[PDB]
Peer 1: 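Have a look at this one before I ask anything.
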Amino acid sequence: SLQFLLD
Amino acid sequence: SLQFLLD
Amino acid sequence: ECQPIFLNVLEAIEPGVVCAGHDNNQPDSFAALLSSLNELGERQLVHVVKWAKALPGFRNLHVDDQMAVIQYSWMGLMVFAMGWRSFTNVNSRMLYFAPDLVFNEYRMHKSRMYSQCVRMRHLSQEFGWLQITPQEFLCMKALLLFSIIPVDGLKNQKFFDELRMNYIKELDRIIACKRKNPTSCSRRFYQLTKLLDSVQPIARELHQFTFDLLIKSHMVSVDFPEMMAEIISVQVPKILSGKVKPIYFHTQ
Amino acid sequence: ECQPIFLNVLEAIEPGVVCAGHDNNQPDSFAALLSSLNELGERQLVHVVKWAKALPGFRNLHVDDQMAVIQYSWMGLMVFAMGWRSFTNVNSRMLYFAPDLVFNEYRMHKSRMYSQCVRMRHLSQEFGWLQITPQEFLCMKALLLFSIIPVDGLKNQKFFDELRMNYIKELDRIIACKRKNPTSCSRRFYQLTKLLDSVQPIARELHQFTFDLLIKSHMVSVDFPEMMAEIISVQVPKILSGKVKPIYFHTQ
Ligand SMILES: C[C@]12CCC(=O)C[C@@H]1CC[C@@H]1[C@@H]2CC[C@]2(C)[C@@H](O)CC[C@@H]12
Ligand SMILES: C[C@]12CCC(=O)C[C@@H]1CC[C@@H]1[C@@H]2CC[C@]2(C)[C@@H](O)CC[C@@H]12
Ligand SMILES: [Cl-]
Ligand SMILES: [Cl-]
Ligand SMILES: [Zn+2]
Ligand SMILES: [Zn+2]
């Protein structure tokens, strides 16, 4: 997940 | 050998 | 006053070298070369996220716009970076994707994307032809983050506009530094941004190609890692339908 | 008339990227890190011979002088090249010896040559600090081939002198290109050659070190490949006794 990395 | 490579 | 203001940060946050993990003992098959390129992409994307987070101003965008700009610009960003690595490490003779994944003509033919590779090699040779300096390269690259957006705009459009301009202005400080003649800066800027614009049609041909490959990838033994699969299945059709378009520096 | 005359050849003959073949699964031991550096050296030396052969004018020297200059200059040549690779690929944060042999601080400590590594890292950071361009890098490097000779001279001394000057003059064309003010070229040349001179004491500390290591290498499990062993056992004592000395661009 993109979203977890951005976090 | 250096010499063989130079040749 | 044309001493750079983000350049020191750009140097400190430049990612290091990422390997594909490609087993060079194996045949140059379409399945093996593409599986590695997709693997190299997923790894590069972790670096691009961490770099973009650290880039001055990027974290001021709405969190959603952060996501949209990473999702639409990653292809051009990684294409431009590879060009530069190809130029510095092998003088453009080959596409230097990663140290363990270097494409010679034979790999370019077996990847079934020979004309797109030729176009990347050409972009790589421009770094030599235009004598692009390493400082110009890092400011040009940050510009590429800000060079593709929805036609309808992002949540905080005016903020994205402001950040874009600040990166245009930083590339201008790097130009004006070692130049004394008033008119020479805009002439160098013009040659640099022509170069950035020629990244856009390459990134578009690679979007078409990877979208077309992802939906048939099971048929041809090509492995797409999950993050890449996700971004390409959902986002790339938006670029192909013209919902999301590049910002060109010059009419095309 | 300050369009470069050997620069296109310098680009076409630049060697590509050479791996050490180091097994990164293994402990950072002194024996493992040095065995790989010596292996990387032997491999680089094959590239340096083929490059030097292709360099304009080099094959006019007496065959014996060809041998003497390769044998005395290889250390500075490979040090300077690594600096540049360290700068382009990881921004000088680490010594980029080869893609599979990258030295972080911990490897610099385990190699027992920590202060010499610090000196290389510094040289690497100068490429950034002085904004060395890729064209300047290739002409500076060819100069390093011509920067260490016997005190008594070579067989064809006056010819070596003439070739040296032609490489000083080529680096001068690369400087004068994008510079309009009469005085600016000699000021850039001066900063560049100060940089080339600081390669010489680093190459001398590494000569002492590898000579001292080769004669005890059996005691410490360090493998020296045959070509390297040969050049270091016979030639390096000539540099240590002052029979062979660097040509400095400035008093020291
Ligand atoms: C961005 C990458 C991977 C990283 C890079 O150096 C540039 C390169 C350009 C072509 C891309 C590739 C990732 C995987 C893609 C998208 C394949 O599915 C087809 C073309 C590939
Ligand atoms: C030239 C090399 C190997 C190639 C390189 O990138 C620079 C590097 C600098 C230190 C040298 C090493 C070759 C092997 C040596 C000479 C060791 O025995 C000690 C220091 C090493
Ligand atoms: Cl000018
Ligand atoms: Cl000037
Ligand atoms: Zn200006
Ligand atoms: Zn001049």
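Numbers restart at 1 for each chain; the letters A, B, ... are given by sequence-line order, proteins then strands. Method of determination (from the header): X-ray crystallography, 2.2 Å. Atoms within each ligand, like the ligands themselves, are counted from 1 in listed order.
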Peer 1: Determine which of alosetron, chloroquine, dihydrotestosterone is the drug at ligand 1.
Peer 2: dihydrotestosterone
Peer 1: Looking at this structure, what macromolecule is in contact with dihydrotestosterone (ligand 1) the most, according to the PDB entry?
Peer 2: Androgen receptor
Peer 1: I'm curious which other chains sit close to dihydrotestosterone (ligand 1), say any heavy atom under 4.0 Å. Can you tell me?
Peer 2: C
Peer 1: Which residue owns the protein heavy atom closest to atom 12 (C) of dihydrotestosterone (ligand 1), what's the atom, and how far is it?
Peer 2: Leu37(C) O, 4.3 Å
Peer 1: Starting from atom 19 (C) of dihydrotestosterone (ligand 1), find the nearest protein heavy-atom neighbour and note its residue, name and distance.
Peer 2: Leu34(C) CD1, 3.8 Å
Peer 1: To which protein heavy atom is atom 11 (C) of dihydrotestosterone (ligand 1) closest, and what is the distance rounded to 0.1 Å?
Peer 2: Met75(C) SD, 4.2 Å
Peer 1: Who's the nearest protein heavy-atom neighbour of atom 5 (C) of dihydrotestosterone (ligand 1), and how far?
Peer 2: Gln44(C) OE1, 3.8 Å
Peer 1: Please list the nearest protein heavy atom to atom 10 (C) of dihydrotestosterone (ligand 1) with its residue and the distance rounded to 0.1 Å.
Peer 2: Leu206(C) CD1, 4.1 Å
Peer 1: Specify the protein heavy atom at minimum distance from atom 15 (C) of dihydrotestosterone (ligand 1): its residue, its atom name, and the distance to 0.1 Å.
Peer 2: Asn38(C) OD1, 3.8 Å
Peer 1: So which protein heavy atom does atom 8 (C) of dihydrotestosterone (ligand 1) come closest to, and at what separation?
Peer 2: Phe97(C) CE2, 3.9 Å
Peer 1: According to the deposit information, what organism does chain C derive from?
Peer 2: Homo sapiens
Peer 1: By UniProt annotation, which domain of chain C has the most residues touching dihydrotestosterone (ligand 1)?
Peer 2: NR LBD
